[PDB]
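The next PDB entry has naproxen among its components.
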Protein chains: 2
Amino acid sequence: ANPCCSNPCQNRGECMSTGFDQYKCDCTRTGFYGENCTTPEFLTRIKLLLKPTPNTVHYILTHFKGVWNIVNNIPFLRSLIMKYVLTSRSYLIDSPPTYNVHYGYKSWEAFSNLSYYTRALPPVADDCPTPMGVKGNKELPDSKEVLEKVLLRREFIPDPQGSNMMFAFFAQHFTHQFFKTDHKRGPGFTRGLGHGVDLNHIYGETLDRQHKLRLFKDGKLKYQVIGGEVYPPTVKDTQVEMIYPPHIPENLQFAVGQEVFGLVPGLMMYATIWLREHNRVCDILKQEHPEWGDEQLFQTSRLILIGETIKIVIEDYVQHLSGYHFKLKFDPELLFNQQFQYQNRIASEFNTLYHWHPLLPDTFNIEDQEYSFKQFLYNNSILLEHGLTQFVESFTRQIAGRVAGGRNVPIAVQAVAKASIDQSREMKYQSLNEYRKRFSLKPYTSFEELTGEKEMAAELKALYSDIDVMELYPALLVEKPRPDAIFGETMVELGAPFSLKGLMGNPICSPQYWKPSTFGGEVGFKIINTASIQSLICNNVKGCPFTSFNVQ
Amino acid sequence: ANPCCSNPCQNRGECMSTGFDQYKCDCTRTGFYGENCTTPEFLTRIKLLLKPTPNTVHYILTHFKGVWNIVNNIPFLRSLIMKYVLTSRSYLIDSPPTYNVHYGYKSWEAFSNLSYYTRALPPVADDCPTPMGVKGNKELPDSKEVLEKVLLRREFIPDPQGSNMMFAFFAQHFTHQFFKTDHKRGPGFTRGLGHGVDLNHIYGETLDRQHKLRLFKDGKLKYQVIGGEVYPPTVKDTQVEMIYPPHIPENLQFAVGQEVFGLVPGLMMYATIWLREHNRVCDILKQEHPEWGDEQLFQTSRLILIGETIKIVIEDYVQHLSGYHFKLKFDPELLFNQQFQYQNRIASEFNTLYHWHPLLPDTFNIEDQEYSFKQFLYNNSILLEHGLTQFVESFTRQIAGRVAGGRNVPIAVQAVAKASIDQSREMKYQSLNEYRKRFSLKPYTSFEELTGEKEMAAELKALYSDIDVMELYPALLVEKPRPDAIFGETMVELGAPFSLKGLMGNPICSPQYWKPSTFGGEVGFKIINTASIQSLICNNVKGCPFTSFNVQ
Ligand code: HEM
Ligand code: HEM
Ligand SMILES: *[C@@H]1O[C@H](CO)[C@@H](O[C@@H]2O[C@H](CO)[C@@H](O)[C@H](O)[C@H]2NC(C)=O)[C@H](O)[C@H]1NC(C)=O
Ligand SMILES: *[C@@H]1O[C@H](CO)[C@@H](O[C@@H]2O[C@H](CO)[C@@H](O)[C@H](O)[C@H]2NC(C)=O)[C@H](O)[C@H]1NC(C)=O
Ligand SMILES: CCCCCCCCO[C@@H]1O[C@H](CO)[C@@H](O)[C@H](O)[C@H]1O
Ligand SMILES: CCCCCCCCO[C@@H]1O[C@H](CO)[C@@H](O)[C@H](O)[C@H]1O
Ligand SMILES: CCCCCCCCO[C@@H]1O[C@H](CO)[C@@H](O)[C@H](O)[C@H]1O
Ligand SMILES: CCCCCCCCO[C@@H]1O[C@H](CO)[C@@H](O)[C@H](O)[C@H]1O
Ligand SMILES: COc1ccc2cc([C@H](C)C(=O)O)ccc2c1
Ligand SMILES: COc1ccc2cc([C@H](C)C(=O)O)ccc2c1
Ligand SMILES: *[C@@H]1O[C@H](CO)[C@@H](O)[C@H](O)[C@H]1NC(C)=O
Ligand SMILES: *[C@@H]1O[C@H](CO)[C@@H](O)[C@H](O)[C@H]1NC(C)=O
Ligand SMILES: *[C@@H]1O[C@H](CO)[C@@H](O)[C@H](O)[C@H]1NC(C)=O
Ligand SMILES: *[C@H]1O[C@H](CO)[C@@H](O)[C@H](O)[C@H]1NC(C)=O
Ligand SMILES: [Cl-]
Ligand SMILES: [Cl-]
């Protein structure tokens, strides 16, 4: 019965009830006016005429490779373009943040309480007649039916962009520092109170956990040596709580910053690589600063690793998944003459869209072994048996699955996929098309337009009836991909703003931090500015195997 | 020991050790270069040449009233000047924040741990040969001797700016939402995790406390009615913890957001006024929104009261203490085309400088009574006996003491003033002159220059020996005042940056919050934009007595 249930205000106008059955739209700074903020100002009309579509911009970025090779070697132009990428994306994110699962209006509680994920769109109010507001049936379709018909994998569909298992596990490892759902409280709550790239998945969320993981000599993290190789220490040694099933013996209960990283050896591979990297940087800093104590060595190494992470995420990881011929750049100085907020709050919708389970293969192929999900999960003995070198060589060669395009979620994780649907509903997510509008995208007018195809589209129409009631999460996984691409339009145009804002919003990118002295001088600073996924592997994995996020 | 102990890097350059007995200065973005960041770039030379001193700017702002009267009535020019006041002041504050009591270098711990006050200047390292670094004697002078010789009141010295007890108690009430030292941890730690104007001193720091203070009908806060007058509810009724001696009568144990506010009736006066204001705003919003529930009424009223507070602080409180003929303005829109960070971390030095105990009179004069400190402390019966109307009338008439100029701290609070000195030392504060340099002020070259007189200067020279080892806090209280002013140069040039940044950094000032719908529509927004100390009192105090921050 909330008069704002229909989501009447357009173009980011805010709806407020003015009585039991009346509403008012606040069109402040939208560029539009009128009852529903749909009448454009003159300069807004000009902007809408000139603005190219995401599909047009994507086409330009993924063609003309010869022209981009030239542009990439003109620093002024590369800087200009990267600057526009950062600013245009970041403008789509509210900062300071606004809504959350419990607040569809701005409040001090929603602003101040860091235990909530924020919300890019407010929840559908509890008293609205339908799940999506006023459109659709009284109940959304059975999530098991949605899952089985259009999400579950029949035959494995490989990623045409050539993403590999190094990419899949990097995505999981990296994102799991800021997607840490507090299941005790609910799906709209997080345990990652840093709300970004703080490397708590290496160092621990709390000071007591950090201190249990630290050696307190030379800035270093605790470790063990097994057959001459460095691995994280044990739960027994450190008293650091981890999630393991009872059958895992004490010697295989590795303790790392993030309590869930014993789940799969792919996570423990990266946990081990980053642990080694921290201790490597400690050695470098000690060489430069014989006068420094353990605490400053530890803290400075952490800041360097934060920098390395952001560098690799932009110039290797995002570079790869983007598919662009343009060479992306990690350069905080690009924002120093721009309006930009050095802060971030993690959005629930960002968490939801990043459930990239179709990346996962049917089996995990290491050396000449093909491990099932059941064999792979909670099995660090696989890591010890093969070693990091073989893990990297094998993961670099193994292709990942396509995320968009439908029917590619492995059956082994069907319950996780269903949970993503169900939890979106619990959190009262607005529809796909509302989210499309929120990120300046044209609403889909049919299910065939969404999928680019007839079969799944017809299945969805029978389930949902109205395209305006289609849900965000399943839509991301069935969406028509870009040509030979891993993702469709909605994934990129939502994903990119959340991602780049989260990376550049870090305080190390602010002008008072982005200085050599922050990182122990020019040598420390250069570790950040020259970091890559290859360098990380080369320095910390025996033999310096070749690696990349693309299969060969 | 540490080669950075002498504070060699100038002009906000950062010092890093490069060995046991060698340092480097990082002059990045300072405008200077060379070993100590003292060689200016050409543009810096020009800016230095043209830039007027604070004393010259203060002169211009406090003279030429006829010209300012014209300026104040030309909106474009008033906006231009206020914009420059906000941006030039805020530029002096590091945001995101950097140092704290435990970290003299940037670290993730210092950035992320909200339990610390931040630091405008890093602490003097523990292994430095002297308290201030390398200058001065091995120990600072006896703090009791400094207190007695130059701080303690002989005869009451009234404020020549005419500040009254409404002003004094407003300062105390307002600032104690963000100065809440966690004495269990130490003077460098805070319990005010909002780090700004969140009105926790009305609503409680934690959700548990807030919920005990709330009525859960119509958005309102609980209250009691004594002699037909509204007062805060009791500790017994609410179960909220307050600090009171055990003998205080049950009905006089008033429970409010801030646990210390039973300390003096002056604080409880403002607590009662704001409580009434919250409930008054609830009534207004209920009339506008009969469809709204208790939670939205409560939250929206809180946001409105935050706005009212910022409005009153700038346009009444700061306006008064500034002494300027220019009419200051609370207008978030002034910053929308500027680079500005909507965040704040409370600085330890801001806490220290705001210990304005000389404001306090020898006795508290209400109606025909003159209460001693002993009679006034923890004595809410005084408030009940006289009533709010009489409190306002009396405190509007009673003059407060001068803060600068020396020898005006009442002996009744001598232990608090001594603690301010001792805790500054414990927190390893750098010297007055280092702080002056940090805020673009010229170092004092003698004690006579500091005080503008001979007697106190001579006592200080005998105690401290070197002007470069004079301490910040006692210096603020002995500094030569501006002509017929309450403060000297150092108080204004340090206080203003911290103050204005804390006010404008609030999320309600950000573009996504600063719109009518945030506050329940134009009716709510108007409450903020028309707020004043006179209207606060008129709306909530029987008989609408005249009030002001200056004696008439
Ligand atoms: C390696 C095999 C994997 C397994 C066995 C697995 C399993 C799971 C499970 C059981 C959950 C909890 C779901 C719930 O709350 O009910 C989860 C959450 C999640 N997964 Fe995976 N997953 C895997 C790989 C990946 C990959 C490659 C990604 C790509 C980024 C990913 C992204 C996520 C995200 C973002 C969450 C939400 C985390 C949170 O909110 O705490 N997962 N996964
Ligand atoms: C009215 C009588 C007042 C009394 C009896 C009083 C007493 C005290 C006491 C006992 C403390 C705690 C000291 C400590 O534990 O280290 C304190 C702190 C403080 N006082 Fe006052 N004071 C009064 C008025 C004022 C006024 C008018 C101001 C003006 C702003 C003020 C500013 C402060 C500040 C900023 C603190 C530090 C708060 C914190 O960090 O927790 N006080 N005062
Ligand atoms: C942030 O919000 C959550 C949700 O309201 C708070 O968690 C609740 O706190 C209340 C009051 O203490 C408890 O009674 C509930 O059991 C908590 N859990 C819920 C409702 O999920 C949390 O306290 C808030 N955090 C802060 C810092 O205030
Ligand atoms: C913020 O920093 C303080 C100071 O280091 C932390 O408090 C300490 O916590 C450690 C580890 O639990 C204890 O050994 C000390 O007793 C505490 N010291 C003091 C002075 O209180 C605090 O835990 C940090 N807060 C957060 C959120 O990490
Ligand atoms: C020639 C390529 C220039 C690089 C800029 C493109 C980076 C992504 O630019 C995006 O394009 C979309 C459609 O115009 C907009 O909706 C987004 O706000 C914008 O960030
Ligand atoms: C005529 C003055 C109108 C402009 C208002 C200026 C408000 C105070 O401006 C201050 O002046 C100081 C001395 O120049 C500077 O050091 C500070 O950075 C600046 O904020
Ligand atoms: C356009 C008008 C410019 C006139 C500016 C008057 C400058 C007054 O400058 C003087 O500077 C001294 C600095 O120590 C202070 O002690 C004096 O109080 C102050 O009057
Ligand atoms: C309220 C005063 C309590 C402390 C006073 C004793 C400390 C001695 O301090 C002295 O006080 C004299 C009298 O004011 C001054 O003439 C001297 O300059 C000063 O050194
Ligand atoms: C989380 O998912 C994504 C998907 C696509 C992205 C594309 C881009 C490029 C650089 C872009 O078009 O902005 C960035 C981040 C992205 C994150
Ligand atoms: C906390 O103590 C102060 C003292 C002086 C101030 C002056 C000003 C004016 C407007 C200024 O010169 O900026 C603002 C705030 C101030 C706070
Ligand atoms: C505003 O939207 C409503 C429904 O959302 C529609 O009926 C109405 O016509 C719109 N008003 C205008 C003036 O366009
Ligand atoms: C764990 O992996 C090993 C190989 O390292 C494999 O032989 C074993 O079967 C796995 N454990 C389980 C429970 O499947
Ligand atoms: C408290 O105030 C009352 C007047 O309201 C006064 O008579 C009494 O002396 C005071 N109590 C104490 C303990 O000083
Ligand atoms: C700073 O370096 C200068 C060189 O210009 C040197 O003369 C001076 O001694 C240094 N600083 C100090 C602490 O004197
Ligand atoms: Cl990302
Ligand atoms: Cl202030």
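Chain identifiers are assigned alphabetically (A, B, ...) following the order of the sequence lines, protein sequences preceding nucleic acid strands; residue numbering begins at 1 within each chain. Computation of the quantities below employed the complete heavy-atom set of this structure, encompassing side-chain atoms and omitting hydrogens, waters and symmetry-equivalent molecules. Both ligands and their constituent atoms are indexed starting at 1 by order of listing.
For naproxen, every matching ligand or chain, copies included, can be listed as ligands 9 and 10.
Tallying contacts with naproxen (ligand 9), the largest count belongs to the chain named in UniProt as Prostaglandin G/H synthase 2.
At a heavy-atom cut-off of 4.0 Å, the other chains in contact with naproxen (ligand 9) are listed as A. Residues of chain A that UniProt annotates as binding heme b and that have a non-hydrogen atom under 4.0 Å from naproxen (ligand 9): none. From the protein, the heavy atom lying nearest to atom 15 (C) of naproxen (ligand 9) is A:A496 CA, 3.5 Å. Between A:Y354 and naproxen (ligand 9), no pair of N/O atoms sits closer than 3.5 Å.
Here A:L61 has no heavy atoms under 4.0 Å from naproxen (ligand 9), in either its backbone or its side chain. The protein non-hydrogen atom at the shortest distance from atom 4 (C) of naproxen (ligand 9) is A:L321 CD1, 3.6 Å. In the candidate list A:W356, A:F487, A:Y324, A:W356 is nearest to atom 2 (O) of naproxen (ligand 9), counting heavy atoms. Close contacts between naproxen (ligand 9) and A:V318 involve ligand atoms 8 (C), 10 (C), 14 (C), 15 (C) [criterion: under 4.0 Å to a heavy atom]. Taking UniProt's list of substrate-binding residues in chain A, a heavy atom lies under 4.0 Å from naproxen (ligand 9) for A:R89, A:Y324. Heavy-atom contacts of naproxen (ligand 9) within 4.0 Å involve A:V85, A:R89, A:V318, A:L321, A:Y324, A:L328, A:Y354, A:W356, A:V492, A:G495, A:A496, A:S499, A:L500.
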Per-pair distances, naproxen (ligand 9) N/O vs protein N/O, less than 3.5 Å:
| unit_1 | atom_1 | unit_2 | atom_2 | d |
| --- | --- | --- | --- | --- |
| naproxen (ligand 9) | 12 (O) | A:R89 | NH2 | 2.8 |
| naproxen (ligand 9) | 12 (O) | A:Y324 | OH | 2.4 |
| naproxen (ligand 9) | 13 (O) | A:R89 | NE | 2.9 |

